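We number chain A the same way the PDB entry does; the residues here are 223-579, in that order. The deposited model was determined using X-ray crystallography, 2.1 Å. Numbering of ligands and ligand atoms starts at 1, following listing order.
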Amino acid sequence: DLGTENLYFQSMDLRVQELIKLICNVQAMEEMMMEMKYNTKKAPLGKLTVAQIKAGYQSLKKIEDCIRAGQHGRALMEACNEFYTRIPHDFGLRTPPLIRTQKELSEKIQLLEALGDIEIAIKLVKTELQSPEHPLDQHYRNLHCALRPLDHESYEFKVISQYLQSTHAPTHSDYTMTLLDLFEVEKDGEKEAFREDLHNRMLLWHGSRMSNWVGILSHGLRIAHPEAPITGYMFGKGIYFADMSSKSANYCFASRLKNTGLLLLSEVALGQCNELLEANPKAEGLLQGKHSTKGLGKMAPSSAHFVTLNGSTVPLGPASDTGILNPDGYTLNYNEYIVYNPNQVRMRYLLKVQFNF
Ligand SMILES: O=C(c1cc(Cc2n[nH]c(=O)c3ccccc23)ccc1F)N1CCN(C(=O)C2CC2)CC1
């Protein structure tokens, strides 16, 4: 009876144990990378180094350069086939495909960010064979990030549940989400680094792949690699947030097969927003004193329904029309918020979500 054993040994809380086991699962990372077409046979994850990953970003940048110069053939070939040599893919018998659009570049970046976090993960979960500490306690300490499970009958749980449900977007109707459990997050250093002074502090969503949480929790949400192609970033190399739960939960890349994902809530010090109506990867240089970028959506939660939780505005839904319509092109469906310094972020809650397909 695991409840009794836990109580006599006074071991880590069982809910934390299950969370740690889930995010530190190396087999799950192997499966995820195989689904991303990375060749785990030819370049095992255990032998991945950060120099290897950086050389990938570098080849990706050369690919970006080719696309930018309208060059296809020799310079590109030298570029694309060279990326693939550095970051082995498994295309079976098929011609390895060219990388030629923004979105193909984006997919490769997501692959390299994931690899980066797995490289962190595999190091983090190294245990001392002879230590008297349970392996999970060793992993948890190495995160340098407190995770405390919350009472489901609490007010904190009720509001986060309403946030989750009420801001599930109408266009993301392929699944619903069931909140399985909720943890408070306290990452070492974040409270003292945080820009408390800035106005417009909101509690906002961030979704990521299951492979990435060990990285995110141990190192924080980070500014993208300097050598990553800028075109991979709709509003530049910042930290991206949604006020709609499902816009962020789409970035969990959950599926019917792997229906358990995590969502992060963080306090985000937006300060004054520079509001933009469409994509600009150079958005960071447009701030000119302002503190964040707001990519303006067609539908957003409205202020009439906001609530505040320990000093951060929680933008409860439902979402309604914003009167915003780019005349120049394709407007966003929902908002996104970007900050360009980790000191504008304080992680606060981690939700374990079941996706109902
Ligand atoms: O926030 C993003 C990010 C996410 C996305 C996709 C995304 N992912 N997840 C979301 O919840 C989200 C919300 C609104 C808009 C986009 C998203 C796109 C570009 C980005 F720079 N980061 C890039 C990846 N991150 C990292 O720590 C890796 C190491 C650099 C965290 C910060």
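Found at ligand 1 is the drug olaparib. For olaparib (ligand 1), the chief contact partner in this model is given in UniProt as Poly [ADP-ribose] polymerase 2. Here the heavy atom of the protein found nearest to atom 8 (N) of olaparib (ligand 1) is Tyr473 CG, 3.2 Å. Taking atom 4 (C) of olaparib (ligand 1) as the reference point, the nearest protein heavy-atom neighbour is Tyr462 CB, 3.9 Å. Atoms of olaparib (ligand 1) lying under 4.0 Å from at least one heavy atom of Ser470, given by number and element, are 10 (C), 11 (O), 13 (C). Here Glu558 has side-chain heavy atoms under 4.0 Å from olaparib (ligand 1), and that is the only part of it that gets that close. In chain A, the UniProt-annotated active-site residue lying closest to olaparib (ligand 1), at the minimum heavy-atom distance rounded to 1 Å, is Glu558, 4 Å. Residue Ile461 has at least one heavy-atom neighbour below 4.0 Å for each of these atoms of olaparib (ligand 1): 1 (O). UniProt domain boundaries put most chain A contacts with olaparib (ligand 1) inside PARP catalytic.
Closest protein heavy atom to atom 27 (O) of olaparib (ligand 1): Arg444 N, 3.0 Å. Protein heavy atom nearest atom 22 (N) of olaparib (ligand 1), with residue, atom name and distance: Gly460 O, 3.7 Å. When only interatomic distances are considered, the shortest N/O to N/O separation between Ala464 and olaparib (ligand 1) does not fall below 3.5 Å. Less than 4.0 angstrom separates some heavy atom of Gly429 from each of these atoms of olaparib (ligand 1): 8 (N), 9 (N), 10 (C), 11 (O). When chain A is restricted to the residues UniProt lists for NAD(+) binding, the ones with a heavy atom within 4.0 Å of olaparib (ligand 1) turn out to be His428, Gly429, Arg444, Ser470. For olaparib (ligand 1) and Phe463, the ligand atoms under 4.0 Å from any heavy atom of the residue are 13 (C), 14 (C).
The distance from olaparib (ligand 1) to the heavy atoms of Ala446 drops below 4.0 Å at these ligand atoms: 30 (C).
Among the atoms of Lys469, none of the N or O lies under 3.5 angstrom from an N or O of olaparib (ligand 1).
Atom 24 (C) of olaparib (ligand 1) has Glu335 OE1, 3.3 Å as its closest protein atom, hydrogens excluded (heavy atom only).
Within 4.0 Å of olaparib (ligand 1) on heavy-atom distance sit the residues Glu335, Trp427, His428, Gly429, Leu443, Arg444, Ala446, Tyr455, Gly460, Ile461, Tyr462, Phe463, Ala464, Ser470, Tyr473, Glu558.
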Atom pairs and distances, olaparib (ligand 1) N/O vs protein N/O under 3.5 Å:
residue, atom, partner, partner atom, Å
olaparib (ligand 1), 1 (O), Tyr462, N, 2.9
olaparib (ligand 1), 9 (N), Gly429, O, 2.8
olaparib (ligand 1), 11 (O), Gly429, N, 2.8
olaparib (ligand 1), 11 (O), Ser470, OG, 2.7
olaparib (ligand 1), 27 (O), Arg444, N, 3.0
olaparib (ligand 1), 27 (O), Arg444, O, 3.4

